[PDB]
Student: 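Notebook entry - examining structure containing VRC01.
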Amino acid sequence: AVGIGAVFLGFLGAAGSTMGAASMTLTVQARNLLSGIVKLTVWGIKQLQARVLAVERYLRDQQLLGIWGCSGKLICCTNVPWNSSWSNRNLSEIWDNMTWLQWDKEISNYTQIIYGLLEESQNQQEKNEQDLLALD
Amino acid sequence: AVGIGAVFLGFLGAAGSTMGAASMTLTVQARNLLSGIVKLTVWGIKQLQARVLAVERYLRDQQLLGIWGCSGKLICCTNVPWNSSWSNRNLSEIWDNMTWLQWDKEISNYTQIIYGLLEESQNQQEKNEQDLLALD
Amino acid sequence: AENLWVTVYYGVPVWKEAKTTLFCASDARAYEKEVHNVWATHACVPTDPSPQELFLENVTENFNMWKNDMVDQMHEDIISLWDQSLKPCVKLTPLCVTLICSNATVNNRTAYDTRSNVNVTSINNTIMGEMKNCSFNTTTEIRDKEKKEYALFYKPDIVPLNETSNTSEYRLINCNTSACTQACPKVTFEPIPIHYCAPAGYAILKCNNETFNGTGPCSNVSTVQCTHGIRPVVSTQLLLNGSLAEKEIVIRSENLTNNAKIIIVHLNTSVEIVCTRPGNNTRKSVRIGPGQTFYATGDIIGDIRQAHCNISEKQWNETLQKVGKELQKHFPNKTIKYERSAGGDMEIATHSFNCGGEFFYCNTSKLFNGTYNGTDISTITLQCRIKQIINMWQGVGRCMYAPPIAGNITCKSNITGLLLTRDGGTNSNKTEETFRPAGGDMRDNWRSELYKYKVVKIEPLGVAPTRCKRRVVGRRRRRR
Amino acid sequence: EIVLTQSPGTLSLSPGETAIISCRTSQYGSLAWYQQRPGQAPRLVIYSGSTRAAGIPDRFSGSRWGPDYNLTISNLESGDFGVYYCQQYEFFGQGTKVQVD
Amino acid sequence: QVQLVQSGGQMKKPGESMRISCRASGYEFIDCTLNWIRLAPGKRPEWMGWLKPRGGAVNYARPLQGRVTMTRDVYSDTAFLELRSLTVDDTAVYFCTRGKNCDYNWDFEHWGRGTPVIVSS
Ligand SMILES: *[C@@H]1O[C@H](CO)[C@@H](O[C@@H]2O[C@H](CO)[C@@H](O[C@@H]3O[C@H](CO[C@H]4O[C@H](CO)[C@@H](O)[C@H](O)[C@@H]4O)[C@@H](O)[C@H](O[C@H]4O[C@H](CO)[C@@H](O)[C@H](O)[C@@H]4O)[C@@H]3O)[C@H](O)[C@H]2NC(C)=O)[C@H](O)[C@H]1NC(C)=O
Ligand SMILES: *[C@@H]1O[C@H](CO)[C@@H](O[C@@H]2O[C@H](CO)[C@@H](O[C@@H]3O[C@H](CO)[C@@H](O)[C@H](O)[C@@H]3O)[C@H](O)[C@H]2NC(C)=O)[C@H](O)[C@H]1NC(C)=O
Ligand SMILES: *[C@@H]1O[C@H](CO)[C@@H](O[C@@H]2O[C@H](CO)[C@@H](O[C@@H]3O[C@H](CO)[C@@H](O)[C@H](O)[C@@H]3O)[C@H](O)[C@H]2NC(C)=O)[C@H](O)[C@H]1NC(C)=O
Ligand SMILES: *[C@@H]1O[C@H](CO)[C@@H](O[C@@H]2O[C@H](CO)[C@@H](O[C@@H]3O[C@H](CO)[C@@H](O)[C@H](O)[C@@H]3O)[C@H](O)[C@H]2NC(C)=O)[C@H](O)[C@H]1NC(C)=O
Ligand SMILES: *[C@@H]1O[C@H](CO)[C@@H](O[C@@H]2O[C@H](CO)[C@@H](O)[C@H](O)[C@H]2NC(C)=O)[C@H](O)[C@H]1NC(C)=O
Ligand SMILES: *[C@@H]1O[C@H](CO)[C@@H](O)[C@H](O)[C@H]1NC(C)=O
Ligand SMILES: *[C@@H]1O[C@H](CO)[C@@H](O)[C@H](O)[C@H]1NC(C)=O
């Protein structure tokens, strides 16, 4: 589920390996997600549409990270406990068997709850820290 | 002036309530500010124009938060004291009577001073922390 | 949950199979962006197409060539390119005046195919004889004076017998339905290789285990930023200037038992074909309107009576034999019997292609006249015909006129694939063997090249359990 | 080959009684059933195995695994009698006739 | 919408040819596959051929490919058919036919009203 990252792979070369042997391309994956590629004709519209859609994708992802207190990092520990309804998952295969491309299917149908949980916990922590600073 | 935040209101539903309650809806307004909505014709220009202006406004707001040391949070305590020229505002009415839509009319004619004071104090603190680290 | 906490991860290797608009990357470089068009100078991007392939350890992905939307993207881009490029050029509407035509005349030329001088067009029957000499009143620039111009048209470009069967008066064929536009001479454009590059946030996957049937898993997967050079060539009954499979001949259909579904055959060794129109065409230039010029073939000087294509006999014979062997594997315990083209419009009843801006049509009965798993038990010559007025693709309503090209024209090509269909009802004991050549949408041509690729969007955010509670505690957990 | 073979060719059925028809298939492929209203143009009934055509009540149903399909028409009304054909990519079965007693 | 019009009936002599017409409406005639089915009385319906109106490509059932010719006209939305040499055994109804999606050759639509023709002597 974690390990020491690298950037020399260039792009998505892993993939395939387990999560503990695949969560290491985070730098390069973050890089390539936005960088590049770059008589009357209209394909300027197509190029602008593609560029704007990519930029909006990146901004939405960064905003979702920012709400949860995770902006400024790729890895991010959080406070939300594992759901009361799950308490069951196959962690023995999380650590060293399932690749991300497989694990992403098992968290589907439940991801929507996790974002709300993270948001609520972060806002509680925010107001708690503000109160703590305002205590004295 | 502060409240335990929420996201279940969907959009701008409050409004109206005092600042101490209207300050709970920060997450949903932050979310909806950028997300969505999404033979030869030109309204692609209109759509691209709208998207680009929305993204530019969001980037300007985030940059202004970043300069003041507030990027990554919705609430943000700072160091700038209440202005020497003000020392008069109606705080009993701030906490539980005035809504944000009313209070925004009173901080007008003076906000431009705050947008300088905040960055001044932040840069002072930045160089102070750099010097403190350099001390060892 | 005293040992169990979530964790956010970003930049994670996950993707899903969405669809998007791809970038056009040129050859790097042949584009003069406005001076002339070679394929897409006004529109497409010149940039480095270096694929930079990457292999993946244990990935297994499902590919489908028939549902590959990139062929639809190619279709739309090609149609838009041709439509916007032909738009500024001259209109042929003023040229629809009544044409009085007569048989051509030869000023003592010589014939290639026999050791004697030309005597009569009816016996010297090629180019001359199929081509009519027409004269017509046309307007000068000042709109008050008219003159007797003349030009020589191919017989398919003119239509009698709606001018009554005794008048010897001819129209242009297009005027019955639509008005044509001439191709701008500076715009003349040819099959430059093109590369497709994914936009930001999308990855183009490629399958290297070439021998998969076309719809199933592929294990030798690889990732590429820009596809290899695809040539936007268009031809019927035969793919040319294509790639080649590393294994021997390959055959592809979503259901071979579904007879109406086209069968694409992909070769491993190319068979060279040479096509030529001898004789020096003289480009006549006649004025229309204030500042428009119309090009037409004047007299044809030099030796005339040939319009041929040539294919090596034994090479094509063995290629067809290997096709027959593979189809015998797929269709067990029965022969394979190739046959003449089924019929239909001449754009698909004949092999079609363009060389040097001149459109060719060639009778292919010489080529598919086979028998059991091969031909029955030296160069094969294809008689051909030429048209100038063109319906752009199959049956789309956009017409075009091709200006003639002066001097003799010769082109070479590598045949790489075939397009076949099968006989229908049965008569079981005597039907499964039959196969014929068939036409093809340009989707069928471009599928043989965009076979390999798939488009997926990155989902760079993921969640998983880890050992950390934020600022508080650790974790007890499991292992494989 | 002989891709389709329907049976029974002749069937006698009283009104309100359930009908049964079978179509073999010697090769893998789609299957279907057509209703020939007597002296009229036939019409689609079932296709792709068990899926019903548009506007057909639920009386018409069937199923298969591989080389044998059973068609059943519960409580056939008088109007739905006639001749029924089995089709697969080009072929037609010899047909099965149902008459009202 | 789908609509398959057809010509009326007629009576023919042995060795002579017939022509038949079938006209489309309510959809794009160029892109959609079209079919023809013979339906003789009291025996197997027989396949006759296909037609793709875009390119005019055709394909024929083998026992009839020495006689059948199938054509179309895009600007009139009309399909046409012919038998180059008849016999009494050709007595049957002729049904021009589509598929409803017609990304699939099989049919899977009307079946327009048909047209009966008899060969007699
Ligand atoms: C399949 O693949 C084959 C190659 O394997 C392609 O073959 C080429 O076809 C093109 C036409 O489609 C040919 O282009 C023409 O070549 C002529 C000869 O070129 C030689 O001689 C000239 C001097 O005469 C030299 O400058 C040149 O470097 C060569 O040594 C040119 O004279 C022609 O010029 C005309 O076109 C150009 C470009 O538009 C204009 O700028 C000119 O002003 C002029 O109008 C023309 O370029 C090419 O020669 C063929 N190559 C070979 C090796 O034979 C097939 O085209 C391709 N597609 C098909 C369908 O077969
Ligand atoms: C394609 O293949 C055909 C057939 O093989 C080639 O035709 C040949 O063309 C040459 C000229 O290019 C002819 O040469 C002449 O032959 C006569 C004798 O017949 C001789 O008296 C002349 O002096 C001259 O040499 C040759 O006859 C002719 N062959 C045949 C069988 O007609 C053709 O050249 C090939 N290439 C192309 C581009 O068509
Ligand atoms: C390709 O070229 C061949 C040979 O030039 C063409 O074959 C000829 O096609 C015509 C028209 O179909 C045939 O005409 C028929 O002839 C029979 C007698 O054999 C007659 O009874 C018919 O009424 C009709 O006139 C001709 O026989 C045939 N000849 C040969 C040698 O095949 C072919 O049509 C060309 N195809 C294309 C697509 O250009
Ligand atoms: C499938 O057909 C091929 C022939 O099409 C049979 O194999 C043998 O193939 C060679 C090479 O093509 C034939 O020799 C060549 O014949 C051509 C005339 O077609 C000639 O132009 C070449 O110069 C060379 O002589 C050879 O004749 C042929 N053998 C026989 C008995 O025809 C193969 O046997 C066939 N498949 C089966 C299962 O029989
Ligand atoms: C095509 O027809 C034109 C017009 O009839 C021919 O041009 C004339 O040819 C005659 C001799 O045949 C000359 O006296 C004239 O001077 C030519 N020009 C005109 C404007 O009349 C032309 O030669 C014919 N070409 C062929 C190949 O038959
Ligand atoms: C061609 O040459 C022959 C023989 O020399 C001659 O009779 C004829 O007039 C010449 N011109 C034409 C157009 O045939
Ligand atoms: C077709 O092949 C047969 C083989 O028996 C041959 O007799 C015939 O002449 C060929 N016809 C053509 C036009 O190639």
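Chain naming here is simple, since letters A, B, ... match the order of the sequence lines and numbering starts at 1 in each. All heavy atoms count here, side chains included; hydrogens, waters and symmetry mates do not. The structure shown is a partial extract from the entry, and contact counts are restricted to the extract.
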Student: Which entities in the file belong to VRC01, all copies counted?
Tutor: chains D and E
Student: Which chain accounts for the largest share of heavy-atom contacts with VRC01, under its name in the PDB entry?
Tutor: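 With more contacts than any other chain, that's CH848.0526.25 gp120.
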Student: Counting only non-hydrogen atoms strictly under 4.5 Å, which other chains reach VRC01?
Tutor: C
Student: Curious: which chain of VRC01 has the most non-hydrogen atom pairs within 4.5 Å of chain C?
Tutor: chain E
Student: Which organism of origin does this entry record for chain C?
Tutor: Hiv-1 06tg.ht008
Student: What name does this entry use for chain E?
Tutor: VRC01 variable heavy chain
